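Note: structure shows estradiol engaged with estrogen receptor beta.
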Amino acid sequence: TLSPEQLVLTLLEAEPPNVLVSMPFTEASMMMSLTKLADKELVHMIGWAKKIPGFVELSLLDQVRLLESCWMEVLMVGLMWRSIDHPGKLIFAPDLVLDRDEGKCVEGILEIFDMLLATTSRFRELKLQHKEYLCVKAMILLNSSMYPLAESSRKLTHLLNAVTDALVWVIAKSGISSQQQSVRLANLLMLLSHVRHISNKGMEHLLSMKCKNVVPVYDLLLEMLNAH
Amino acid sequence: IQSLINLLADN
Ligand SMILES: C[C@]12CC[C@@H]3c4ccc(O)cc4CC[C@H]3[C@@H]1CC[C@@H]2O
């Protein structure tokens, strides 16, 4: 056991490096930029997970299944956080900032953009804090959603409980009423559940784009996509 | 080029 403040500071220092992706958009080139970006981020995501304390003490199978299960949710919550103070824009990366209307370039993606933007808008209205963001991204990894994946399982429960306790502690510092602290926690958790659903949609869409030969999918992103 | 398990195991 770390303190909740020690835990949150470990999550801060775990944060991955930022990545850059690098003609006007076609369906093809937009998906190329987005898939290129996702693949680079995935590399850093594994290193990030390894810095979440306890994560590397889990069985390797659990480590693998946790990342196969949550990687798209983690990409998406990162995106929402980068975008939180810019209504109508998705800040995918520096030099890849997309207006809502640019979803019209890719078949099916505008529905997903709007869901990502609406979720980002709820985080903005909630005034999601830096400390809360760190906790929720870690909770997503550690299977707050409880997707069905003894010692590794017991450890995992401990780790998720610790990050939940830290989020509760962060919320308590806000000084708002106990009733409002409970409602805030429920709202954040129901938002995580929504991100899971957007992730399922995203996965579907990417598998469709791959199938229709709209975009090639290589390497780590291919590996992670092959698991769904 | 580097896979999930290699990324998890190494460094
Ligand atoms: C997976 C998709 C491409 C990669 C996109 C991405 C790429 C990078 C990132 O940090 C977040 C997201 C979320 C939306 C993702 C898209 C949803 C549909 C599309 O296939």
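The sequence lines are taken in order and lettered A, B, and onward as chains. Note that chain A carries the PDB entry numbering, so the residues on display, from first to last, are 217-238, 242-368, 375-453. All chain B residue numbers match the PDB entry; in order, they span 342-352. Header entry for method reads X-ray crystallography, 2.1 Å. Computed over heavy atoms, backbone and side chain alike; hydrogens, waters and symmetry mates excluded. Just follow the structure's listing: the first ligand is 1, and inside any ligand the first atom is 1.
Every other chain with a heavy atom under 4.0 Å from estradiol is listed here: A.
Residue-level proximity to estradiol for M434(A) is absent, since no heavy atom of it falls below 4.0 angstrom. Within the structure, estradiol has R301(A) among the residues with a heavy atom less than 4.0 angstrom away. The dominant UniProt domain at the interface of chain A with estradiol is NR LBD. When non-hydrogen atoms are compared, estradiol lies under 4.0 Å from neither the backbone nor the side chain of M428(A). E260(A) counts as a contact of estradiol, since one of its heavy atoms falls under 4.0 Å from the ligand.
Those atoms of estradiol that come under 4.0 Å of a heavy atom in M250(A), given as number and element, are 20 (O).
Residue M291(A) approaches estradiol through these ligand atoms, each under 4.0 Å from one of its heavy atoms: 1 (C). Residues with a heavy atom within 4.0 Å of estradiol: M250(A), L253(A), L256(A), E260(A), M291(A), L294(A), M295(A), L298(A), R301(A), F311(A), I331(A), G427(A), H430(A), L431(A).
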